[PDB]
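Notes on a structure featuring VX-745.
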Amino acid sequence: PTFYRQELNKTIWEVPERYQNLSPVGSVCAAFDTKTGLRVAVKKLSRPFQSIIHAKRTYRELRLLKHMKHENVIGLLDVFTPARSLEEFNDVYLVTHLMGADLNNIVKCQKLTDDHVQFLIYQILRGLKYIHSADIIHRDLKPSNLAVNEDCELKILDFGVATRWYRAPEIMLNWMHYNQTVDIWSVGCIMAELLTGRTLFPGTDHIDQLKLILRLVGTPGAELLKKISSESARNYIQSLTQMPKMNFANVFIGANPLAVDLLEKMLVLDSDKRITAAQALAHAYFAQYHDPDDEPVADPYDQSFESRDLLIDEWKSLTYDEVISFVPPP
Ligand SMILES: O=c1ncn2nc(Sc3ccc(F)cc3F)ccc2c1-c1c(Cl)cccc1Cl
Ligand SMILES: Fc1ccc(-c2c[nH]nc2-c2ccnc(F)c2)cc1
Ligand SMILES: Fc1ccc(-c2c[nH]nc2-c2ccnc(F)c2)cc1
């Protein structure tokens, strides 16, 4: 393809002629895809090979986006570099279907009915079942990572306001063996906020976050305490004033009881006891949307590179191969 060059907010964009009307939103632009007639979101990766971590991270983001082919997950329409060889290669651009806003754009100033909450959370979980089936934990699900178009159709972005608020208490405790239900926690927090119009846990730091989480869900019971390896975490938790799990009907008063029932299955304190994305999609709150024959699972995802300790030039070369081997969704 033929490329053109421009400057948008100090950043320099070199993209094929097919992409027109670049409009600022790595750095991100909205554009018009003349080949398909659709509006797209285009991401320029900043300093992709600045260091080993940046290089592995560049490779990681690209491998992820190439694998994700699900309606409620962000995937790739296109990948390109203006580089005409591996040695020249120092820029990665990723393009996807533009939705046009995020969930935080919607919630704000806005009251959503129970049917809208059903539709939205159904989609998040449907997307998560797919992600979790590829052995991927999102880890940072929040409103700003949920892209929503005007039909209220939703795509999860950015797997690999304040992030803190939607984060699982075991991540706040700094447990290194947290599981996928860390994402179910976030969805529970996201749902709560759509039903109520306020942040369920607006904490000022990691300590306050945990404190307000335990006020709703209670202090750990015996079963959970037995699983905490760290003496200091336990000293702390058990030195707080003990707290019962609050009645979720009292707290979320006026909400569809089916939505309150799902809420408390998602926000169970012990992560071993939290509902999975697949289980949640079968919950009666989504009877209107659910179709087991249309909640697909992902092909096997090779994350074995995660363990590997490579040179910058090695991650670069690998990323280069992945740019070149790209075949669009068509
Ligand atoms: O609608 C969107 N669709 C996609 N993205 N992607 C990205 S990042 C990105 C990731 C993978 C790509 F292939 C390309 C990328 F740009 C950032 C925003 C975004 C939006 C969006 C917009 Cl355009 C405005 C306000 C809020 C959001 Cl969430
Ligand atoms: F079928 C088509 C052909 C061209 C366009 C178009 C509209 N504005 N700019 C372009 C354009 C500019 C430079 N290179 C291109 F490939 C496209 C749209 C649809
Ligand atoms: F105050 C607390 C105590 C425990 C948790 C917790 C929730 N799910 N899993 C854990 C957990 C399991 C094993 N080791 C840990 F450190 C944490 C969260 C907050």
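The first residue of the sequence shown is numbered 1, and numbering continues consecutively from there. When reading the values below, keep in mind they use all heavy atoms of this one structure, side chains included, and skip hydrogens, waters and symmetry mates. Just follow the structure's listing: the first ligand is 1, and inside any ligand the first atom is 1.
- For VX-745, every matching ligand or chain, copies included, can be listed as ligand 1.
- The macromolecule with the greatest number of heavy-atom pairs within 4.5 Å of VX-745 (ligand 1) is, in the PDB entry, named Mitogen-activated protein kinase 14.
- Nearest to atom 23 (Cl) of VX-745 (ligand 1) among the protein's heavy atoms is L98 CD1, 3.8 Å.
- UniProt active site of chain A, nearest residue to VX-745 (ligand 1) and heavy-atom distance to 1 Å: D158, 5 Å.
- Each of the atoms 1 (O), 2 (C), 3 (N) of VX-745 (ligand 1) lies under 4.0 Å from some heavy atom of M99.
- Regarding atom 20 (C) of VX-745 (ligand 1), its nearest protein heavy-atom neighbour is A147 CB, 4.5 Å.
- Of the protein's non-hydrogen atoms, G100 C, 4.1 Å is the one closest to atom 22 (C) of VX-745 (ligand 1).
- At the top of the distance list for atom 15 (C) of VX-745 (ligand 1), counting protein heavy atoms only, stands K43 CB, 3.6 Å.
- Any N or O atom pair closer than 3.5 Å counts here, and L76 shares no such pair with VX-745 (ligand 1).
- The nearest non-hydrogen atom to atom 21 (C) of VX-745 (ligand 1), considering only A31, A41, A101, comes from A101.
- The list of other ligands and ions under 4.0 Å from VX-745 (ligand 1) is empty.
- The source organism field of the entry for chain A says Homo sapiens.
- Between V28 and VX-745 (ligand 1), a contact under 3.5 Å exists for no N or O pair.
- Closest protein heavy atom to atom 7 (C) of VX-745 (ligand 1): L157 CD1, 4.0 Å.
- With atom 14 (C) of VX-745 (ligand 1) as the reference point, the heavy atom nearest to it among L94, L45, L146 is part of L94.
- For atom 13 (F) of VX-745 (ligand 1), the nearest non-hydrogen atom from the set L103, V95, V148 comes from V95.
- Of the residues of chain A in contact with VX-745 (ligand 1), the majority fall within UniProt domain Protein kinase.
- Counting heavy atoms within 4.0 Å, the binding site of VX-745 (ligand 1) comprises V25, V28, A41, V42, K43, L65, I74, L76, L94, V95, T96, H97, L98, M99, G100, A101, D102, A147, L157.
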Which N/O atoms of VX-745 (ligand 1) sit under 3.5 Å from a protein N/O, and at what distances?
| from | atom 1 | to | atom 2 | distance (Å) |
| --- | --- | --- | --- | --- |
| VX-745 (ligand 1) | 1 (O) | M99 | N | 2.9 |
| VX-745 (ligand 1) | 1 (O) | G100 | N | 2.6 |

